[PDB]
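Along the sequence shown, residues are numbered consecutively beginning with 1. Note that ligands are numbered from 1 as they come in the structure, with each ligand's atoms numbered from 1 the same way.
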Amino acid sequence: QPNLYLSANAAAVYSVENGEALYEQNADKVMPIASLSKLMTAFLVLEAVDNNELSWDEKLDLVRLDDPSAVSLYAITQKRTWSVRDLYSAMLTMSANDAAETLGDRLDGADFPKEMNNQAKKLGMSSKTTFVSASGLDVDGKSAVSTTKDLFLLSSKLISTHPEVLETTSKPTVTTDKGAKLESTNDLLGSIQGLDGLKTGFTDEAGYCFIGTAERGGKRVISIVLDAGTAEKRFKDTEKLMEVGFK
Ligand SMILES: *C(=O)[C@@H](NC(=O)Cc1ccccc1)[C@@H]1N[C@@H](C(=O)O)C(C)(C)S1
């Protein structure tokens with residue numbers, strides 16, 4: 001494997017069509033994943049729409065966050081009520097913590113973590129993965145954790161099961177049903193050719209994280225970066241992994 005000098009503590013890049021590792025560093029290490037959890041919440045939202053259990057146009061009230069510091073949709077709009085479509089866009093695009101919790105509550109109430117982890121097993125994720133919340137925010141002091149290998153299995157299964165997820169994560173700005181314009185946290189859209197996903201994350205404990213995906217000429221790769229040192233270093237690391245991915 002190439003000799004990369006990454007900021008990330010754990011990182012990897014995988015080819016989708018065979019699951020093969022093209023670079024791996026601490027790929028089995030258990031790491032806090034924070035807002036990367038929202039990829040599982042997105043998975044279960046799409047599963048529910050497909051199962052005829054959830055309407056894109058159903059209106060929901062944003063739940064209040066326990067911590068007023070976490071990034072939230074209500075804070076930048078002062079609007080309480082949103083469609084499921086808009087909450088799902090806000091969750092994926094700006095990483096709105098209140099939007100994710102609102103979707104998880106609608107789906108399964110206080111039993112959403114069980115459904116997150118059941119889906120994890122069903123997707124092939126190892127017992128090292130444990131979700132605690134739809135947003136990835138800590139719950140009663142417990143943290144969402146996974147490994148880079150497991151996050152690849154989740155990401156690849158999400159994209160193969162629900163490829164329309166990329167219609168949202170590929171956009172640098174999503175104009176919601178209501179009207180608000182949400183800016184993507186994915187600073188690499190329009191920078192790396194073919195890159196169209198997937199999701200950022202950050203807490204003090206998780207460091208700066210990013211799951212990226214790109215496709216060129218039929219070949220799609222997924223990169224995982226956990227615990228990089230700054231908001232831009234997780235993308236610098238991702239640029240290195242994507243060049244390895246398409247070597
Ligand atoms: C996911 O990791 C989310 N992280 C936070 O909300 C950090 C936080 C701040 C104050 C209190 C509690 C938690 C969101 N994902 C990151 C990211 O996408 O980089 C945000 C910083 C956008 S918030």
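The name recorded for the drug at ligand 1 is benzylpenicillin (bound form).
Ranked by contacts, the chain bound most extensively to benzylpenicillin (bound form) is, in the PDB entry, Lmo2812 protein.
In terms of protein heavy atoms, atom 14 (C) of benzylpenicillin (bound form) is closest to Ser35 OG, 2.9 Å. The shortest contact between atom 13 (C) of benzylpenicillin (bound form) and any protein heavy atom is with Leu137 CD2, 3.8 Å. The deposited model shows a covalent link between benzylpenicillin (bound form) and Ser35 OG.
At a heavy-atom distance under 4.0 Å, only side-chain atoms of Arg234, from C-beta outward, approach benzylpenicillin (bound form). Here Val71 has heavy atoms under 4.0 Å from benzylpenicillin (bound form) in both its backbone and its side chain. Shortest contact from atom 4 (N) of benzylpenicillin (bound form) to any protein heavy atom: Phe202 O, 2.9 Å.
Inclusion of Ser69 in the set of residues having an N or O under 3.5 Å from an N or O of benzylpenicillin (bound form) is not warranted. Source organism of chain A in the entry: Listeria monocytogenes EGD-e.
Protein heavy atom in closest approach to atom 17 (C) of benzylpenicillin (bound form): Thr200 OG1, 3.6 Å. In terms of protein heavy-atom proximity, atom 8 (C) of benzylpenicillin (bound form) is nearest to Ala70 CA, 4.2 Å. Contact annotation: for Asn97 versus benzylpenicillin (bound form), heavy atoms closer than 4.0 Å belong to the side chain alone. The shell of residues around benzylpenicillin (bound form) (heavy atoms under 4.0 Å) is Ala34, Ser35, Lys38, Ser69, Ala70, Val71, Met94, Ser95, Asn97, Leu137, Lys199, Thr200, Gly201, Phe202, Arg234.
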What are the atom names and distances for all N or O pairs under 3.5 Å between benzylpenicillin (bound form) and the protein?
{"from": "benzylpenicillin (bound form)", "atom 1": "2 (O)", "to": "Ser35", "atom 2": "N", "distance (Å)": "3.0"}
{"from": "benzylpenicillin (bound form)", "atom 1": "2 (O)", "to": "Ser35", "atom 2": "OG", "distance (Å)": "2.4"}
{"from": "benzylpenicillin (bound form)", "atom 1": "2 (O)", "to": "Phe202", "atom 2": "N", "distance (Å)": "3.0"}
{"from": "benzylpenicillin (bound form)", "atom 1": "2 (O)", "to": "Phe202", "atom 2": "O", "distance (Å)": "3.1"}
{"from": "benzylpenicillin (bound form)", "atom 1": "4 (N)", "to": "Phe202", "atom 2": "O", "distance (Å)": "2.9"}
{"from": "benzylpenicillin (bound form)", "atom 1": "6 (O)", "to": "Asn97", "atom 2": "ND2", "distance (Å)": "2.8"}
{"from": "benzylpenicillin (bound form)", "atom 1": "15 (N)", "to": "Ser35", "atom 2": "OG", "distance (Å)": "2.9"}
{"from": "benzylpenicillin (bound form)", "atom 1": "15 (N)", "to": "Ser95", "atom 2": "OG", "distance (Å)": "3.0"}
{"from": "benzylpenicillin (bound form)", "atom 1": "18 (O)", "to": "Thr200", "atom 2": "OG1", "distance (Å)": "2.6"}
{"from": "benzylpenicillin (bound form)", "atom 1": "19 (O)", "to": "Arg234", "atom 2": "NH1", "distance (Å)": "3.2"}

